[PDB]
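Quick look: actinomycin D on TS(template strand).
Residue numbers begin at 1 in each chain, while the letters A, B, ... track the order of the sequences. So how was this one determined? The header says electron microscopy, 3.1 Å. Heads up: this isn't the whole entry, just a piece of it, and contacts are only counted within that piece. Any modification is hidden behind the parent amino acid or an X, and its added atoms are not counted in contacts.
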Amino acid sequence: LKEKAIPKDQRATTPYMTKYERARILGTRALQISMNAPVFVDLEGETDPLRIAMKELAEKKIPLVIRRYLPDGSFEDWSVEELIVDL
Amino acid sequence: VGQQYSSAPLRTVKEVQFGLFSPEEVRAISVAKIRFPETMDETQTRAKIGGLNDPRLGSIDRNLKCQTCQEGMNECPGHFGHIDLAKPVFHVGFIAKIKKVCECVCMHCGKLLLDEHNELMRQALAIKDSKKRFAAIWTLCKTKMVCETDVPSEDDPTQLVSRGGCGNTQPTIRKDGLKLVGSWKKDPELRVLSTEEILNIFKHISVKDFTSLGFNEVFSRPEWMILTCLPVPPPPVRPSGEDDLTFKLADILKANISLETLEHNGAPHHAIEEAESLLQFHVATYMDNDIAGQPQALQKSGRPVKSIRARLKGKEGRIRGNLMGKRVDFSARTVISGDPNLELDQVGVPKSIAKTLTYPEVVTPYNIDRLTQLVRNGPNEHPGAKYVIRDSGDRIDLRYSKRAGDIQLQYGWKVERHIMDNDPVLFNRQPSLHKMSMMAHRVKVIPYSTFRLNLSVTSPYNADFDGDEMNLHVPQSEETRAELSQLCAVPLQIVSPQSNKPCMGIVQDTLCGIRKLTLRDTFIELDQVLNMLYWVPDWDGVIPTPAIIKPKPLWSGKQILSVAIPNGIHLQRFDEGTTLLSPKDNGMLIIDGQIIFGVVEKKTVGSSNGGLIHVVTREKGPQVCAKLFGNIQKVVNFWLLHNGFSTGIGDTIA
Amino acid sequence: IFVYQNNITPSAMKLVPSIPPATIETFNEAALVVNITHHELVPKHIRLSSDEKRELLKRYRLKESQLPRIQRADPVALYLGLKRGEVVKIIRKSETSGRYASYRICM
Amino acid sequence: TXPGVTXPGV
Amino acid sequence: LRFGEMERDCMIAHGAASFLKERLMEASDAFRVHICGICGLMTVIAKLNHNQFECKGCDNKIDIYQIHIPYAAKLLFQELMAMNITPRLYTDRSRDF
Amino acid sequence: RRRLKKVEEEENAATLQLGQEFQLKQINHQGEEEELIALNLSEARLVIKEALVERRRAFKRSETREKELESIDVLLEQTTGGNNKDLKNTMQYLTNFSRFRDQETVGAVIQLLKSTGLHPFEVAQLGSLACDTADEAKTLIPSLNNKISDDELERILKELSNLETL
Amino acid sequence: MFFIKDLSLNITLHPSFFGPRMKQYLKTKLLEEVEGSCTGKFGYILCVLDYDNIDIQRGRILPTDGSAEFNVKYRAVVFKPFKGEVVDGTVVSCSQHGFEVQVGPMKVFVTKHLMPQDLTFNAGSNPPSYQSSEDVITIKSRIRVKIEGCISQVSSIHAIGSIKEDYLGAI
Amino acid sequence: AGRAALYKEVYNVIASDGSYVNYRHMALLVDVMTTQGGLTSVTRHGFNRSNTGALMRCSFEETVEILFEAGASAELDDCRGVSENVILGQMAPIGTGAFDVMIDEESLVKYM
Amino acid sequence: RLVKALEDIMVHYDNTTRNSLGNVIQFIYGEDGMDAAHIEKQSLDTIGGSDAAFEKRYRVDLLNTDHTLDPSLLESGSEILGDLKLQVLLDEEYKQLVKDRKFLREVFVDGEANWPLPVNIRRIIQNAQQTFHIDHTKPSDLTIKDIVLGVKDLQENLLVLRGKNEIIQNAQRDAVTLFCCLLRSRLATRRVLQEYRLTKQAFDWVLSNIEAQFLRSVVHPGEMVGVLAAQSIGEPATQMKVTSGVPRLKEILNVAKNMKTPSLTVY
DNA sequence: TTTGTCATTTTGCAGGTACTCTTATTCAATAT
RNA sequence: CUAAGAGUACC
DNA sequence: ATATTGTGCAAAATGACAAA
Ligand SMILES: [Mg+2]
Ligand SMILES: [Zn+2]
Ligand SMILES: [Zn+2]
Ligand SMILES: [Zn+2]
């Protein structure tokens with residue numbers, strides 16, 4: 001599993017978050033918020049888990065990492081903080 | 001209640017390994033030996049011990065538990081039995097394969113005919129994949145009809161190197177019905193290759209020899225292609241009026257008992273051979289009733305027996321009818337009707353359909369109040385809740401529970417409530433050729449029996465309102481809801497990857513009305529202008545200066561339409577013969593959201609590349625493009641309502 | 001390379017594989033009247049070296065079978081003298097991007 | 001063909 | 001309503017894998033079945049209340065896993081088993097990608 | 001392999017077939033291979049004591065037989081909780097049959113057996129079995145039969161008994 | 001015998017538990033679950049080494065569930081009895097069939113068929129013991145036993161020991 | 001050149017009636033058809049004769065024969081295909097499933 | 001049939017297009033790595049026109065007068081004339097444009113100028129012109145060195161493949177060559193200073209938005225392009241001397257040795 | 001002798017959803 | 001129930 | 001008196017002839 005993990009200094013994948021990655025992060029975070037996860041962003045009164053997760057992603061307070069699997073089984077760990085939500 | 005808690009670790013299937021049952025594995029896994037063809041005992045009220053419906057294989061009644069696992073019918077996967085075959089029979093699907101394998105292997109010594117000494121055999125054995133190896137080995141060893149106990153020396157064809165050959169004559173093997181006939185070359189002599197001798201010769205194939213034939217040493221050995229023990233599937237596979245498979249297994253048991261009695265009592269070889277062929281036929285038709293050439297096994301009612309192969313194959317089989325495509329819950333289907341007043345991403349859902357389709361909302365401190373209110377409302381009005389799922393899995397039906405009083409919601413429970421406004425729902429029209437034919441809409445609960453959708457979105461669905469039915473699916477988890485809203489949303493599907501151009505556009509009344517409104521003749525007075533401006537929801541609130549101030553304040557249609565067009569949009573299309581002046585008012589020039597010139601028609605607001613829809617969705621985003629759709633439709637439909645359009649017989653008269 | 005007029009007797013075809021590493025390639029004149037690599041449907045085929053093939057497999061993380069296949073009877077493969085396991089780079093004038101590079105492994 | 005209009009063949 | 005093959009294909013094109021899984025499992029047929037890590041067959045007697053898992057033949061009791069598969073998948077596997085074909089389901093990789 | 005059902009030789013310490021997962025070399029959590037070090041009663045006791053005191057210090061920041069029994073009971077109740085009846089029993093067993101006292105004794109023992117360079121199972125068994133006669137130990141451990149000389153095992157047991165304290 | 005070995009445990013955490021103390025929760029749940037447990041693959045697991053930084057790794061969220069699956073890799077001390085292994089212990093009880101000896105955390109039952117005939121059960125002496133012509137085996141007495149048979153029982157590993165062989169008994 | 005001619009034929013079929021499809025779709029089709037060194041039919045005697053997994057091969061055509069052949073050859077299905085995970089009812093390695101989401105303890109502590 | 005054949009094709013995180021077996025179908029999706037929805041038809045201005053029109057549109061000479069520029073077009077219009085370093089920059093820019101012209105004529109034999117490319121440069125130019133209120137009379141603030149270096153840096157900043165080895169870098173250059181030809185055709189010194197009359201901030205904003213839009217047009221790994229392609233081919237067929245329509249599509253998918261109308265074209 | 005090489009024979013079925021209705025269960029001689 | 005059949009709706 | 005059994009085609013394959 002050491003060989004599987006590509007070191008962080010030579011990740012060759014896009015630093016931008018994909019639409020599928022954004023969708024899965026939002027769904028995962030909304031499900032966690034619905035099941036009483038701690039909220040890391042201050043609430044402006046909103047109650048919808050999906051928009052809570054959207055606000056969390058806007059200011060990068062989602063504590064998740066994407067394990068992107070290369071076809072050979074190697075993976076790269078991209079933290080949600082360092083990913084760029086352009087779309 | 002679903003399935004109760006199991007301490008076993010929960011994994012996902014990473015690999016699926018195929019193979020054949022060894023007879024000893026069949027005997028080791030089977031929890032009962034089936035000997036009596038009868039399904040019910042003489043009392044006609046219980047399942048007979050040792051019959052085809054043994055309680056050890058699974059309970060045929062909901063009342064009683066399975067005798068093996070002591071679990072209900074909901075939990076019991078069904079445990080296999082075994083029928084001990086008096087004489088081996090061919091597996092019908094493998095007969096051809098068997099015919100190949102026995103044609104690659106000496107029928108006496110059980111060794112592969114052409115070893116590595118033959119020239120083309122290094123090439124054949126060097127093939128990587130199993131199927132191609134077997135094909136090459138077979139197409140080379142089928143033409144060799146002698147075991148060749150002595151082969152030419154590899155170094156030189158002068159001395160002879162002896163391998164482990166016996167030198168017997170390999171017959172020519174053909175298939176008649178469900179058996180194999182071998183004609184030995186005349187030293188022809190024809191006799192039926194008995195299954196017992198074929199099994200014996202398959203058991204003598206060396207590990208190296210049958211691993212070079214594509215067979216695995218652990219998962220699929222060639223001698224497992226001959227059936228010596230039949231695994232009896234549990235009653236779940238053949239639920240009860242007995243199933244076709246139950247009657248076929250009864251026939252197999254009857255033939256097995258007949259052959260056993262004939263062998264025990266002693267009989268002419270003709271009766272023994274006939275009983276053996278009958279047992280083989282029953283096994284084969286149990287596994288495959290569509291054997292070419294042979295007559296079908298007819299059921300009690302004179303119809304062909306439903307074999308296992310029939311249950312698997314076809315459109316309505318297991319794979320294509322219950323696994324690739326299956327009937328799903330939380331789905332609705334009804335007639336669609338048009339609604340110009342609904343947003344592009346909005347769909348009108350009948351109030352009864354909303355009252356039936358339910359979404360589970362996790363009870364959270366953030367939404368405890370509204371969930372409590374919905375539980376108070378109940379399932380008889382919208383909005384409301386239909387079920388309350390407890391953390392233990394127990395389910396409280398809002399019907400029949402109002403007697404007990406108010407239910408105190410606890411965090412972590414689920415309130416399965418009627419779908420409300422702004423809920424993402426998948427919306428489909430079948431056949432649904434492309435991905436745009438299945439898109440995520442927002443619910444708008446309406447009081448009539450038809451689905452209501454925007455007119456533009458009917459174009460990607462290929463939907464009319466001449467009785468067309470459409471399907472609605474409700475996601476039941478936050479993850480599916482979120483990925484539906486962020487991936488399958490109608491605004492995100494505006495630009496089609498199919499032709500890198502928008503798939504939705506202005507259609508039908510709105511297109512004609514926008515052409516009529518943007519003509520230079522169209523001048524709108526103050527009152528109609530105010531009404532049209534108010535109909536644009538995102539209108540900034542400032543009344544544009546009229547195009548004509550004296551002697552009467554008049555606004556042109558382009559000026560009012562440009563209010564819907566978002567600020568900062570530049571479009572410049574030159575039609576045939578158009579100039580910077582537009583004598584014909586063709587082409588299009590929009591500068592900063594204001595229509596400088598051009599009649600707005602299909603080439604501008606339709607589903608075209610470089611049109612207003614494409615430019616707006618590429619410049620301001622999909623949400624702004626959908627809002628543009630709504631605003632343009634609203635303003636143009638109001639103007640066309642108060643201007644009028646028709647067609648008559650006089651329109652066809654020159 | 002043996003260039004023949006009409007055909008090679010099958011009795012002579014069997015002895016075509018000589019002692020390795022020598023390889024005998026037989027070509028018909030009729031098939032070589034018109035060069036196939038000058039057709040515009042035919043892109044540019046460049047044989048890769050073993051070092052280049054190793055680098056290509058390392059960088060793309062590929063196994064031998066995962067590369068696109070080219071038969072060892074294809075007219076271009078015979079033209080360039082491909083042997084099994086050798087990878088050819090294909091330079092193609094694509095219309096989405098100006099230049100596209102493919103890699104095909106001989107079978 | 002097809003089916004319809006197996007294969008050919010099979 | 002029939003969530004047909006080409007509806008599944010449209011969902012695959014949308015990239016909504018979780019929605020497709022929810023349609024095929026939670027909405028239509030979800031079945032928890034016990035297998036063992038020695039033989040992938042589902043011949044695992046699981047007395048859940050007694051917390052006793054036993055695969056006869058393999059003679060193992062501490063190498064049992066549970067998998068969520070559609071009941072149609074279980075029926076297909078059991079019909080394949082009745083047809084002398086073993087669909088061994090394993091929860092780990094024996095070959096690298 | 002993934003053989004359906006398993007056929008293997010029965011485990012036996014005498015024949016040095018300790019098991020497929022008790023081999024000489026094991027892959028550590030760092031991914032490399034290290035020799036499977038086997039701990040005798042004294043060295044294992046010291047290792048357990050070190051782990052327990054480290055856990056006690058982490059929780060805080062976040063010798064005679066009877067006094068040792070009292071100390072281990074108090075420490076077990078402190079750093080650990082319930083379901084330690086087995087742990088209490090084995091700690092009491094180690095306290096009773098403790099062949100060496102402190103870090104110095106067990107360190108000298110482990111370095112001397114490192115100079116001996118025999119099987120980790122065998123050396124830890126020798127450190128656990130306070131045998132007296134060398135041929136007696138050979139009979140006790142069939143894994144030592146026809147492997148080590150009589151006099152060398154006798155003398156190393158002599159230095160082990162010299163390092164034997166209390 | 002006592003060894004130290006590399007083990008891994010899969011722990012499932014509810015979404016509600018991902019507070020700033022997730023590492024402490026995982027460490028707490030690894031304890032009380034594997035500390036002092038008994039499995040057939042590794043025998044008795046008694047304690048865990050290197051508690052300061054237990055390798056917890058990242059932790060994968062189960063799809064459509066939300067819970068996290070952590071593959072915690074740790075070093076654990078194990079006591080796996082082996083066939084034909086000589087080990088010391090202390091006697092704890094006696095009976096007609098034999099006597100039980102406390103070896104580590106487990107009880108080993110040496111049967112009266114495995115004792116010499118002169119060594120006979122004696123109930124007149126209190127507590128009942130086993131007395132021979134040369135030595136007596138009493139409660140809380142040291143004795144070495146050679147385990148020759150271990151029957152794999154997950155709830156509590158049971159082993160068959162003997163003192164029949166030469167130099168097997170009281171030291 | 002066969003792939004180029006195939007793309008031209010498919011493009012002519014699509015664009016004969018004035019319709020337009022982006023180059024990448026037809027290019028993907030023709031590349032799939034010519035990835036094996038020869039013209040692979042979209043029929044059962046071409047794309048379903050590829051060792052791409054028994055379960056996803058059986059969902060198209062000749063289901064039971066494919067199962068029988070896979071059992072005889074003891075094929076290993078690595079469950080990388082979409083149809084395998086559809087049949088087994090698990091998240092396919094597609095779209096949202098083409099990666100794994102994991103929780104970072106250090107980032108979670110770092111936020112507070 | 002088409003959907004089943006292509007159901008396992010996916011774009012992976014190394015931008016390669018692979019099936020379930022891991023076999024590479026395309027080393028980059030669509031041979032350009034761009035999402036189809038982010039593609040618009042744009043005109044390649046270098047391939048079209050005549051040599052004289054091409055020179056007048058692109059060639060700028062700081063020494064002679066046949067193709068000189070108006071000094072009033074930019075601020076330091078009187079100091080650039082006679083310069084040698086800036087002349088070297090112009091020389092390499094025009095040489096690159098001529099190379100691009102030859103390349104584009106090679107790629108498209110018919111000289112078709114309107115092709116689908118990801119980022120609409122024209123719309124960005126128009127938006128910058130409207131946002132910064134180009135008065136089209138004041139001399140431009142841009143320096144020619146700024147134009148050339150900014151175009152080169154923007155080309156270096158258009159990343160489709162993020163690898164750090166020769167193979168991945170070469171693949172990136174091959175993947176972006178056509179878009180770079182379009183970019184050099186649009187953002188040329190003469191065109192920027194004369195036809196569009198950018199300013200310094202307007203030019204920098206144009207560069208930034210081109211980079212952002214190109215990075216946004218890149219295909220997202222995890223995209224199920226096989227099913228998308230199968231549906232995008234099958235659905236137009238539902239709207240459908242030489243066989244065409246459904247029979248020809250089936251003769252193409254069903255690779256048949258004998259077809260209804262075998263025709264051969266000789267030039 | 002083979003060793004491929006050229007004339008008979010051997011297979012395997014029809015898109016997607018959805019609605020309603022109607023009919024039907026081997027017929028009859030024979031032993032218990 | 002089940003199987004079969006027929007007739008429809010929109011593609 | 002009731003249950004029991006009497007319409008649109010190319011792959012493969014395969015024997016009955018020639019090349020060595
Ligand atoms: Mg219609
Ligand atoms: Zn059961
Ligand atoms: Zn033989
Ligand atoms: Zn098993």
Place of actinomycin D in the structure: chain D
Could you check which other chains have a non-hydrogen atom under 4.5 Å from actinomycin D? H, I, J, L
How is chain H named in this PDB entry? DNA-directed RNA polymerase II subunit RPB1
